[PDB]
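Structure of PLX3397 in complex with Mast/stem cell growth factor receptor Kit.
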Amino acid sequence: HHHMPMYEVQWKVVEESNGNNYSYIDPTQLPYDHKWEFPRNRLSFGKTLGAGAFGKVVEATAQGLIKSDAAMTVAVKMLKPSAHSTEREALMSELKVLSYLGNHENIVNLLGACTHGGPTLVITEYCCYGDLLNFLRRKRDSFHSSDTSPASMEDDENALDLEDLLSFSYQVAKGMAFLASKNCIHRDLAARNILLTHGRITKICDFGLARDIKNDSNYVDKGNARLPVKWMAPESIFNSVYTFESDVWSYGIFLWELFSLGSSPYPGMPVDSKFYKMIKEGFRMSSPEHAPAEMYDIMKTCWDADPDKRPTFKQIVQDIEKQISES
Ligand SMILES: FC(F)(F)c1ccc(CNc2ccc(Cc3c[nH]c4ncc(Cl)cc34)cn2)cn1
């Protein structure tokens, strides 16, 4: 019998509880709208896009999904036959939360599902550049400064510049604002959980069971879970408190990764009792090299120990939209 926090960090929808508190919704209670049902036969599977112990995501072709006589590339999340009922429930619950959330430009969107007969298939948008973290890392050496000739890079047209990084930061804040408006808390926001598509649109996601979490050292064995500690707010680490404001903390850590072009957070600071002490005492990362001062300012406010002093995603969107206008 699996403890699911060992295998993924589940997003949560919250509902108003007593007084000013929120409580988690049990996602198995959410409805699955059968308008999403899509014939299993009209799918043709290609390469695997990610896999963990019990789940995988694989690229596929779907016949007639969006237009009656047209095919389109999609990504399909599904479980391996060795999965347990606890994973099969988690995947249906993920489908129910997707059916509840609706559609947004900056999330990986639900396109359809196969829920009768064999395994649950969750059909979502395919993003051809893959995860943003790997993209930033392979694009790292070709990042180009403002007033520099295009002739110095080979693929200057495919290179990375500050305009891209500000754009990615803006689109992720917009996706997170959407999530928060549906009372959704992601709980595992990070560049590894953001995809990049045609036109360089970023889409938030979570590989979840399709990630080999035991071999991703960004997840630390803490209690009986595997937790992305370096991305988490202190209240989540120490009191297991997850709110819209803890997502903002993670967004600040994402910004640091983004403007460091995929560097790993808190270098020279392995997760141990020393790490936890320094975070409590107010240690915070310095500005990434390519981060403009105003983006580093957002980062610092994202990391306020007092959750009420952190920006909301709605405010962050306003801030970054203005920074983009002014340049
Ligand atoms: F809305 C959000 F909160 F952002 C959200 C959306 C979806 C999910 C979980 N659903 C999924 C499903 C598949 C994937 C992986 C994936 C897809 N399209 C892709 N295109 C390319 C590649 Cl290489 C990987 C993928 C990630 N998350 C979690 N959170």
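Residue numbering in chain A adheres to the PDB entry, whereby the residues present occupy positions 547-694, 753-931 in order. Whatever order the structure lists ligands and atoms in, that order sets their numbers, starting from 1.
All copies of PLX3397 taken together correspond to ligand 1.
Residues in other chains coming within 4.0 Å of PLX3397 by heavy atoms are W557, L595, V603, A621, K623, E640, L644, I653, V654, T670, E671, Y672, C673, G676, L783, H790, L799, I808, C809, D810, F811.
Atom 16 (C) of PLX3397 has as its closest protein heavy atom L799 CD1, 3.6 Å.
If you check which protein heavy atom lies closest to atom 12 (C) of PLX3397, you get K623 CE, 3.7 Å.
With respect to atom 23 (Cl) of PLX3397, the closest heavy atom belonging to the protein is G676 CA, 3.8 Å.
Protein heavy atom at the shortest distance from atom 4 (F) of PLX3397 is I808 O, 2.8 Å. Looking only at protein heavy atoms, the nearest one to atom 20 (N) of PLX3397 is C673 N, 3.0 Å.
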